[PDB]
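Taking it in order: structure first as structure tokens, then the write-up.
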Amino acid sequence: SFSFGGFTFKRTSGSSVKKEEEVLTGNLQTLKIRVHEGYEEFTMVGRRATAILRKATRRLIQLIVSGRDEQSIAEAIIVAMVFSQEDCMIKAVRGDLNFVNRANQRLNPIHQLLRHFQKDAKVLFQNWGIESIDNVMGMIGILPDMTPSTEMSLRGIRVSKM
Ligand SMILES: O=C(O)[C@H]1[C@H]2CC[C@H](CC2)[C@@H]1Nc1nc(-c2c[nH]c3ncc(F)cc23)ncc1F
């Protein structure tokens, strides 16, 4: 239904209304983003990874991911975290004031966030948060360093891997 970061997104459930909101990045730039308000589920289909995303307003509730290799799974996770519009993803932006240009009639801020994190997702992964996980057979944790764990995971994130 739409393409974002190389994944085909389809909404499978729920609805949202869009409210324009100014947000402040970690490096103190202002982005004016269309915040989606409501409960939604999406599928994400890539060449090398597939995910199920459950989200609410600026909140990743669950992401289940399967993929070819560590790189392919990290790609899905980064796109999902930007799509979530979470405040910790907005605050993970650091470094050059790259969102200040204004040359184009309109420069999509969610695309700007994804392009930022495609350069380096270390700050994003390190600030997202980790949680203890239940023992669900075939579901493993993935740590900020993209290492598997049976005990902990990035908040809301599980890899489907036997
Ligand atoms: O807002 C936009 O300009 C585009 C770009 C940035 C993310 C989506 C894909 C590209 C967005 N397009 C669409 N988003 C959504 C959408 C629903 N809930 C969401 N929550 C967060 C989010 F972020 C986008 C959405 N629905 C239909 C779309 F067609």
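So for chain A, numbering is the PDB entry's, and the shown residues are 322-483, in order. Per deposition record, X-ray crystallography, 1.8 Å. Only this structure's heavy atoms are used, side chains among them; waters, hydrogens and symmetry mates stay out. Both counts, for ligands and for their atoms, begin at 1 and track the order of listing.
- Per PDB records, the drug at ligand 1 is named VX-787.
- Among all chains, the one with more heavy-atom contacts to VX-787 (ligand 1) than any other is, according to the PDB entry, Polymerase basic protein 2.
- The shell of residues around VX-787 (ligand 1) (heavy atoms under 4.0 Å) is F323, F325, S337, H357, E361, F363, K376, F404, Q406, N429, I431, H432.
- Listed by atom number, the atoms of VX-787 (ligand 1) under 4.0 Å from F363 heavy atoms are 17 (C), 18 (N).
- Proximity to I431 (heavy-atom distance under 4.0 Å) selects the following atoms of VX-787 (ligand 1): 6 (C), 7 (C).
- Taking distance alone, with nitrogen or oxygen atoms compared against 3.5 Å, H357 approaches VX-787 (ligand 1) more closely than that limit.
- Checked by distance only, VX-787 (ligand 1) and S324 stay at 3.5 Å or farther apart across all their nitrogen or oxygen atoms.
- For a threshold of 3.5 Å applied to N or O pairs, the pair formed by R332 and VX-787 (ligand 1) contains no separation below that value.
- Inclusion of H432 in the set of residues having an N or O under 3.5 Å from an N or O of VX-787 (ligand 1) is not warranted.
- Proximity to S337 (heavy-atom distance under 4.0 Å) selects the following atoms of VX-787 (ligand 1): 17 (C), 18 (N).
- Interface of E361 with VX-787 (ligand 1), defined as ligand atoms under 4.0 Å from a residue heavy atom, comprises 17 (C), 18 (N), 19 (C).
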